[PDB]
J.: 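Sending over a structure as structure tokens; questions will come in a sec.
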There are 2 protein chains.
Amino acid sequence: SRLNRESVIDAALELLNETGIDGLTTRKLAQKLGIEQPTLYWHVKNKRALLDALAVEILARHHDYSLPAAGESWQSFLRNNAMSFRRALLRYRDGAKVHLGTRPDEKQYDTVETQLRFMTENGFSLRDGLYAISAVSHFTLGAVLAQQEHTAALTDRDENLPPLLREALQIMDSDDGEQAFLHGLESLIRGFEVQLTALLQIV
Amino acid sequence: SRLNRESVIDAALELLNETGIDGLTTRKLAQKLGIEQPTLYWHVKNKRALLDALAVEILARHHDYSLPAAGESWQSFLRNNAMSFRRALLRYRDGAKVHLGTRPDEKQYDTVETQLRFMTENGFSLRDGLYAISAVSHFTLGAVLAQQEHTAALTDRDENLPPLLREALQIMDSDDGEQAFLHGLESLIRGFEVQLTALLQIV
Ligand SMILES: C[C@H]1c2cccc(O)c2C(=O)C2=C(O)[C@]3(O)C(=O)C(C(N)=O)=C(O)[C@@H](N(C)C)[C@@H]3[C@@H](O)[C@@H]21
Ligand SMILES: C[C@H]1c2cccc(O)c2C(=O)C2=C(O)[C@]3(O)C(=O)C(C(N)=O)=C(O)[C@@H](N(C)C)[C@@H]3[C@@H](O)[C@@H]21
Ligand SMILES: [Cl-]
Ligand SMILES: [Cl-]
Ligand SMILES: [Cl-]
Ligand SMILES: [Cl-]
Ligand SMILES: [Cl-]
Ligand SMILES: [Cl-]
Ligand SMILES: [Cl-]
Ligand SMILES: [Cl-]
Ligand SMILES: [Cl-]
Ligand SMILES: [Cl-]
Ligand SMILES: [Cl-]
Ligand SMILES: [Cl-]
Ligand SMILES: [Mg+2]
Ligand SMILES: [Mg+2]
């Protein structure tokens, strides 16, 4: 079939949902595109190059809150950005693992620069603005990977549970982690705010 | 060589540091133990069972702040627990990926039950206590995986960087993520505290 960049990425994402990141191979992508492995090679040099592109294209296609709205507070921006980032990572099997270890791509430079600038224009130093963006990013990726990797490992396999653990697993498994993620996200944003507002005051 | 559980785990962790989680195979563990693959099989049924055990044994051996000190505040306990958890995950190559998707093991039941009880005895509901423990856990795992997966992907490969990104990458890469992790950890703990102290007050 068609091997332009957009068609390759469509087929790779389709394959990702069927196989997960570990079982995703260029050999299985060739089968799905109806081509021989050396044909695919001209287009897609290895698995690493494929994963690097998927990580970019998943946010391009499905992360619709990269940028603040005109006049939006930094608190509201981080909340909306994290909810969007989370949605985009969950939309594909092993989506957080696909994002992990990447750094912003050249196609993302204007986006991420605007996010860092916006934090500095709302009274954060670059460093404190970066620490908040990194904390939100790590917390959101951690929460998604815990969800996704939990699903995954459920293709492996106690009445011996002590009672608070038993109840805690009941609670954790009552949604895709949305409740726990949103509660933690408010805690993190509020902690950022207490720090920003404090200036040089002992806090 | 010796194939008791402790010797197998010693050799597997040694192998993990040489290969990483993706390149860790029962076939390479057999070579390192000087045995045939069917000998190893009697001891170690597959990679999943090995990873599940390593995840438990890494914290058993190297996470020394599982439990609060007598009279320790919940704030201090979460901080010390997160710093210890982080140290233990970083001690082996791909250590966070080894932890990911596991749930507490039977050998960890008394430990994790004590942690959940301790949060409830410091005025959290089980649910709000679990949300704080999960947020700390997700944030810490996210921060470690970002570090570890960054190292990993550096076995793949711009003057075009816009200036705040360029400076942000300089900052991020000035340590193993310790500064950014500790700053975010204080933000999260303080947000937990503002929530706890608020009770039913609008906050
Ligand atoms: C500024 C970026 C950055 C800076 C320095 C080192 C980095 O590794 C990063 C990122 O990896 C970023 C992302 O991946 C974003 O998810 C990212 O790329 C992004 C986006 N494409 O819209 C986001 O929404 C961001 N968000 C907080 C989850 C986040 C970026 O802020 C950072
Ligand atoms: C209570 C545990 C739990 C409850 C319900 C579902 C879960 O998946 C968990 C865990 O996975 C826990 C851990 O892995 C700990 O890291 C965990 O097992 C642990 C330990 N062995 O000492 C920790 O120090 C904990 N810490 C916050 C990082 C954390 C545990 O609190 C939780
Ligand atoms: Cl066609
Ligand atoms: Cl074509
Ligand atoms: Cl195209
Ligand atoms: Cl491949
Ligand atoms: Cl990452
Ligand atoms: Cl600027
Ligand atoms: Cl011996
Ligand atoms: Cl033996
Ligand atoms: Cl033993
Ligand atoms: Cl294997
Ligand atoms: Cl996990
Ligand atoms: Cl109890
Ligand atoms: Mg990123
Ligand atoms: Mg765990």
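Throughout, protein chains are lettered first and strands after them, A, B, ... in sequence-line order, and every chain is numbered starting at 1. Each ligand, and each atom within it, is numbered from 1 in the order the structure gives. Below, each value reflects all heavy atoms present in this structure, side chains not excepted, and no hydrogens, waters or symmetry copies.
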J.: Which pharmaceutical agent is found at ligand 1, per the PDB annotation?
T.: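 That would be doxycycline.
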J.: Which chain forms the largest contact interface with doxycycline (ligand 1) when counted as heavy-atom pairs under 4.5 Å, and how does UniProt name it?
T.: Tetracycline repressor protein class D
J.: Identify all other chains that place a heavy atom less than 4.0 Å from doxycycline (ligand 1).
T.: A, B
J.: Measuring from non-hydrogen atoms of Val136(A) to any atom of doxycycline (ligand 1), is the shortest distance under 4.0 Å?
T.: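 Outside the 4.0 Å threshold, so no.
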J.: Which residues that UniProt lists as binding tetracycline in chain A have a heavy atom under 4.0 Å from doxycycline (ligand 1)?
T.: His63(A), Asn81(A)
J.: Report the nearest protein non-hydrogen atom to atom 21 (N) of doxycycline (ligand 1): residue, atom name, distance rounded to 0.1 Å.
T.: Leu59(A) CD1, 3.8 Å
J.: For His150(B), state whether at least one heavy atom is located under 4.0 Å from any atom of doxycycline (ligand 1).
T.: no
J.: Any neighbours for doxycycline (ligand 1)? Other ligands or ions under 4.0 Å, I mean.
T.: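 Found ligand 15 (magnesium ion).
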J.: Backbone, side chain, both or neither: what part of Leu169(B) comes under 4.0 angstrom of doxycycline (ligand 1), heavy atoms only?
T.: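 Within the 4.0 Å criterion, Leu169(B) contacts doxycycline (ligand 1) through side-chain atoms alone.
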J.: Which UniProt Mg(2+)-binding residues of chain A, if any, have a heavy atom under 4.0 Å from doxycycline (ligand 1)?
T.: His99(A)
J.: Output yes when a protein non-hydrogen atom is found under 4.0 Å of atom 9 (C) of doxycycline (ligand 1), and no otherwise.
T.: yes
J.: Considering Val112(A), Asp64(A), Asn80(A), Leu141(A), which one's heavy-atom position lies nearest to atom 2 (C) of doxycycline (ligand 1)?
T.: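 Looking at heavy atoms only, the winner is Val112(A).
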J.: Any idea what organism chain A is from, going by the entry?
T.: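 Going by the entry: Escherichia coli.
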J.: Working on a figure here: which residues of other chains come under 4.0 Å of doxycycline (ligand 1) (heavy-atom distance)?
T.: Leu59(A), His63(A), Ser66(A), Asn81(A), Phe85(A), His99(A), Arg103(A), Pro104(A), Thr111(A), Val112(A), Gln115(A), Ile133(A), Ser137(A), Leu165(B), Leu169(B), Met172(B)
J.: Would you mind writing out a table of all protein N or O atoms found under 3.5 Å from any N or O atom of doxycycline (ligand 1), naming both atoms and giving the distance to 0.1 Å?
T.:
{"from": "doxycycline (ligand 1)", "atom 1": "14 (O)", "to": "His99(A)", "atom 2": "NE2", "distance (Å)": "3.0"}
{"from": "doxycycline (ligand 1)", "atom 1": "22 (O)", "to": "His63(A)", "atom 2": "NE2", "distance (Å)": "3.0"}
{"from": "doxycycline (ligand 1)", "atom 1": "22 (O)", "to": "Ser66(A)", "atom 2": "OG", "distance (Å)": "2.6"}
{"from": "doxycycline (ligand 1)", "atom 1": "22 (O)", "to": "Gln115(A)", "atom 2": "NE2", "distance (Å)": "3.1"}
{"from": "doxycycline (ligand 1)", "atom 1": "24 (O)", "to": "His63(A)", "atom 2": "NE2", "distance (Å)": "2.7"}
{"from": "doxycycline (ligand 1)", "atom 1": "24 (O)", "to": "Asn81(A)", "atom 2": "OD1", "distance (Å)": "3.3"}
{"from": "doxycycline (ligand 1)", "atom 1": "24 (O)", "to": "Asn81(A)", "atom 2": "ND2", "distance (Å)": "2.8"}
{"from": "doxycycline (ligand 1)", "atom 1": "24 (O)", "to": "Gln115(A)", "atom 2": "NE2", "distance (Å)": "3.2"}
{"from": "doxycycline (ligand 1)", "atom 1": "26 (N)", "to": "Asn81(A)", "atom 2": "OD1", "distance (Å)": "2.6"}
{"from": "doxycycline (ligand 1)", "atom 1": "31 (O)", "to": "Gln115(A)", "atom 2": "OE1", "distance (Å)": "2.8"}

